[PDB]
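The structure appears right after this line, and notes come after that.
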Amino acid sequence: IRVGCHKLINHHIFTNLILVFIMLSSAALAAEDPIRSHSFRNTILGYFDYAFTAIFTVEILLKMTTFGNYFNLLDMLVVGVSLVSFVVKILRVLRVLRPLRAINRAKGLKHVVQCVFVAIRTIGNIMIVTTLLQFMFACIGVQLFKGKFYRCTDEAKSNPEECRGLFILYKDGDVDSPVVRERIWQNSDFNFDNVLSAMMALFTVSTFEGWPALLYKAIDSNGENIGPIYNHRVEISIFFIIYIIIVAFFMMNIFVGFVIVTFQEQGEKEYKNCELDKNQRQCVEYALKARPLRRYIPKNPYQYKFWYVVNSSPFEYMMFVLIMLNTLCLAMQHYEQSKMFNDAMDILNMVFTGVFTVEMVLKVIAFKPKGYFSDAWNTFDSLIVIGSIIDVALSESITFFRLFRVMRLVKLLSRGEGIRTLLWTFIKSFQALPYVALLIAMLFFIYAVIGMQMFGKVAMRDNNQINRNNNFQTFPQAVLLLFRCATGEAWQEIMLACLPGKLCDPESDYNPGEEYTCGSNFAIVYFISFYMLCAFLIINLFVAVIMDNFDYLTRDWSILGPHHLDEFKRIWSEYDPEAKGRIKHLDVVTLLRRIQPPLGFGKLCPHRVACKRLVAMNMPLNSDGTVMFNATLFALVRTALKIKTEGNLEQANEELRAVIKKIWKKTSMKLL
Amino acid sequence: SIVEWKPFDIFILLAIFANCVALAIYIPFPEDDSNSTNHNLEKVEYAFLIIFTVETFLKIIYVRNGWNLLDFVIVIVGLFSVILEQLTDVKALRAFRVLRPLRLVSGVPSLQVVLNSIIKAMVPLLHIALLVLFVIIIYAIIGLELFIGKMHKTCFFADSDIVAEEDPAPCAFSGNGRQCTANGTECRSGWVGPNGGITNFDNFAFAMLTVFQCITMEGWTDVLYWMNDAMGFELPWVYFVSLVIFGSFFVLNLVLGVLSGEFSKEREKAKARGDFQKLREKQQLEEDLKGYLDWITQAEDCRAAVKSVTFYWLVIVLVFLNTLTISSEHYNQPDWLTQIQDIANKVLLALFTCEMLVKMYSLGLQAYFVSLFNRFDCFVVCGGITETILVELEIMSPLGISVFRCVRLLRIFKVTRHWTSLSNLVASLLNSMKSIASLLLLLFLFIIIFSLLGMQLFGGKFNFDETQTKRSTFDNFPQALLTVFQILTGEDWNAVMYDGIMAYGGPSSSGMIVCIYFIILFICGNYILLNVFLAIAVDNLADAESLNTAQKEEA
Ligand SMILES: CCCCc1oc2ccccc2c1C(=O)c1cc(I)c(OCCN(CC)CC)c(I)c1
Ligand SMILES: [Ca+2]
């Protein structure tokens, strides 16, 4: 019946089961062998492919049965093409559409895909202008260097009429080592023979890859069908300089700038400023929703004095100096050092290891092991020293803790206030947007699978771009190659190496006689499209991360900042080993006195300003020693800014209930 | 001092420019060679130094201003160099005269203020610079611990000191990496290194330099592959891929995020004064003029057909035909294709001339030159008719044929002018031309200064290889300028750095201290490049959207 399988479909676990199945099927797709069609692994994965198709066909029928848009068409398209299986190369390439249907199964993935499409749509005015200008520059380059990039194999024949036969080549320029070679009237790989070639060459130039080679090839461009001349027309470099400045420096930075502007405008699509402004939406919220910090002042003065010795600025400075010396000694190791130098460095390593293993126990004794894990940075030193005391024994696997002991530098040197906060907020932004990274990973996966299917059979030669370290033979190697292209190292050289006329590795299955078949004309489209898509997605991720922290990037510390709130919390915890929620009022005088003038009171004596303002400003009518953490902060932030007269205090609470987020039944006391 | 107000500053500026051009026309020859032009330029420099010391002595009758301190320093340095040469390393101190173009900004408050703004913009980036330095130090230390003394085993020959590869790569340090495959080759220790010893992890300086190079995205895969040859495939990829992601991609986002925030922080500061209001006020009267000009004249002073949509589509098909005619040329094209190209050129020139003449007799001559579109079309058509008459006249014009095609290629503007949606950006960038010129001139001055410094340092010293000729050199001014531009683009800057290091003695000796020339030229060059081409794209582009929103309010 129609309503029978509806409950099964809408279950809280069926969707996750099908998502796990599609993810693991994609993983199975990413584990085949491009080289050998007949292999043990391929057959094993071949049996698996039958299982998912049976499951996915079952899913389609039941889903259709209860439902009897274009997302469902894609779901059937992926399963449909598989059933035709079981030219075949085109179908095998097309079966890469398996993880593309996971977009509909996740709300976040669908949302980020729609956001990417919307960003693409608004951009198109800039793309059209850039494409038109690049086409005009290609036409000018065609008019300039039409056929002038030809050259002979030996730099002695200047026309094809005499660039024929054999010639003697001198290896490495030595006259005593000659070798006979054939001379061929060759053409440049990136020329300006026609409009399309000019467009491709100018694209490779605009990617800032191999552009000096093209520049110095065009400088030597002499005539229509003659060889190059050394520094013939250096003045022709103006064409390349102007093209680069106009397109890559100017119209590609307008691209990113307009993306940033659009994201900023999208970030201002809501109007919650009924009376307040943005500056009040980042500090009043913190004051309303907060939590007291813990200091853990100990007892048992026999331990308290030891803790005070441990918890002091000179001790921290001494540890800083000791770690700086340790790293300075770590950096002095060089190649083929003297025996005395190595022995002295080893001895100093033992000395520093002993110092650190003493200091851990010294901190634990005065800090107790239970509270050791409370602080994030305290646990960092906890797990390093045992590694130090292990390698001192294994010295006379080994390099693990040898490498891991360097982390102390960043651990004890990130204790700043502008770099630590920057790193933390950017990591928080990265965690807040884990779906653009998923989009990038999906693009990398799809293109790596396509490259494995297409260029996987190209033989690896030590004198080419497709070598033992750069190839499409395995998925990790394909991903590494795509990462190399994304960084833009030699992607045009790889494209040239993936051209149709390439040798095939012996382990592949091909008919005897046709050794040079692997490689396709699809390489140009593959590499250009991958570069464009990867660049677009990378700048999309960058601008998303940037827009996620726009409040910090435009903090304007000259008026206010969360560091004031952090200092207030630290002062609150100074007399409070634990939160405890509420405190007395006798120490509130010192608490107010221990604030900076921008947040607390001016440098003048509190006998005039603070004393009068304490009674003048509205305070909860509690006992003489019962004041809570959620009231004094709001009172102080109201004193510093957003001051309202008595009687009309409920206006602020009405605005809070109308603008600020859910009160969670906590502002009842804050109203008074 | 009474008369020195207008002419003294102008004369000093002219003297600075003349000194700059005299430095530009100097040719550094290798191995103490020279010619007559250098001999004359020596006396020219003598006269310029005399003028400069006279001005320095006169200006006292001073030190508080930094620019005057710089002028005094360079003047006394020139005096020191001249005295040493006359009474005598000798020409090594000659590199301090490259600061003469630098003081030109003092005389140019515009350039100066721009320079002050750019310098003050660097304060928020110091924390990012410190983070980059710490990451570089940590990665260099890790490389010292891991990859120390491993790039020293290349495929050699049987009982000989000859490398068996034209492009050698390291062997396996402990039988895990790459092994010789040739029948009569074995590999042992004693090798120099991959890049002549420059790129390796067997010293703190070497490790720091190669880590910085890998962070700059240039040539990191070469180091990764050399590691893959030395050791296995599993350890090195973790070190370098993570370094690439954290070293630059994370840092590039952090650098852009701060500057984009800082630039947007200037937008909120400049909005209080009302700079955007002036642009809106100037723009809001432009549409009020077009509707009040045609109507105020057409009542008394035929034209319906020319403004019809049929005429628009006809001119569009004509420009499409012209574009197809231009973009159909290729190497070894058929002769009949050439014949069709000339026939189409003549026919379309005649048709466009007839269309222009028809428009001139039904729209008005005065209304044309008011708009920038009509005058450009007049220039294009005059250039085209001149091209045709010159081609078919008694003048061959061999080189001018290609130039004139680019003149007639610009007809696509006639159909891109009807956008009206992207024109906000065009108007804003055309109205900010003074600022655009100021930043472009500052960038050009930076490039010129560093080109002259590179000419002084590596001029003629790239003749050490003896087996090949190098194209990215500092031989003359155009070549040094091209090399500086290429380094600014960031492509193959490490190759130029390697050449400069090998020109001063290679990895051994104190010849590696010169590598800080390329580090400064890259870091301090990309920083300005990222402030000049991003300010235009953030200031005049944010205003365009604000202008669009304001225009939408009235629409
Ligand atoms: C989502 C698929 C479309 C992406 C895309 O289409 C374009 C059309 C015209 C011009 C640019 C693009 C474009 C880009 O996203 C793009 C292209 C390039 I090339 C590019 O520059 C890459 C290298 N860069 C520094 C080395 C040179 C400026 C950047 I950033 C973004
Ligand atoms: Ca590069």
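To find a chain's letter, count down the sequence lines: the first is A, the second B. Chain A residue numbers are taken from the PDB entry; in order, the displayed residues are 875-942, 953-970, 979-1288, 1314-1589. In order, the residues displayed for chain B correspond to 121-181, 192-218, 235-447, 516-769 in the PDB entry numbering, which applies throughout. All heavy atoms count here, side chains included; hydrogens, waters and symmetry mates do not. Numbering of ligands and ligand atoms starts at 1, following listing order. Only part shown; contacts counted inside that part.
At ligand 1, of amiodarone, puerarin, ezetimibe, lofentanil, the drug present is amiodarone. The main partner of amiodarone in this structure, judged by heavy-atom pairs under 4.5 Å and named as in the PDB entry, is Voltage-dependent L-type calcium channel subunit alpha-1D. Chains with a heavy atom under 4.0 Å from amiodarone: A. The PDB entry lists the organism for chain A as Homo sapiens.
Within 4.0 Å of amiodarone, judged by non-hydrogen atoms, the site holds A:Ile1012, A:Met1019, A:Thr1022, A:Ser1098, A:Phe1100, A:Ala1140, A:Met1144, A:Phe1147, A:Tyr1448, A:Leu1450, A:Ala1452, A:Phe1453.
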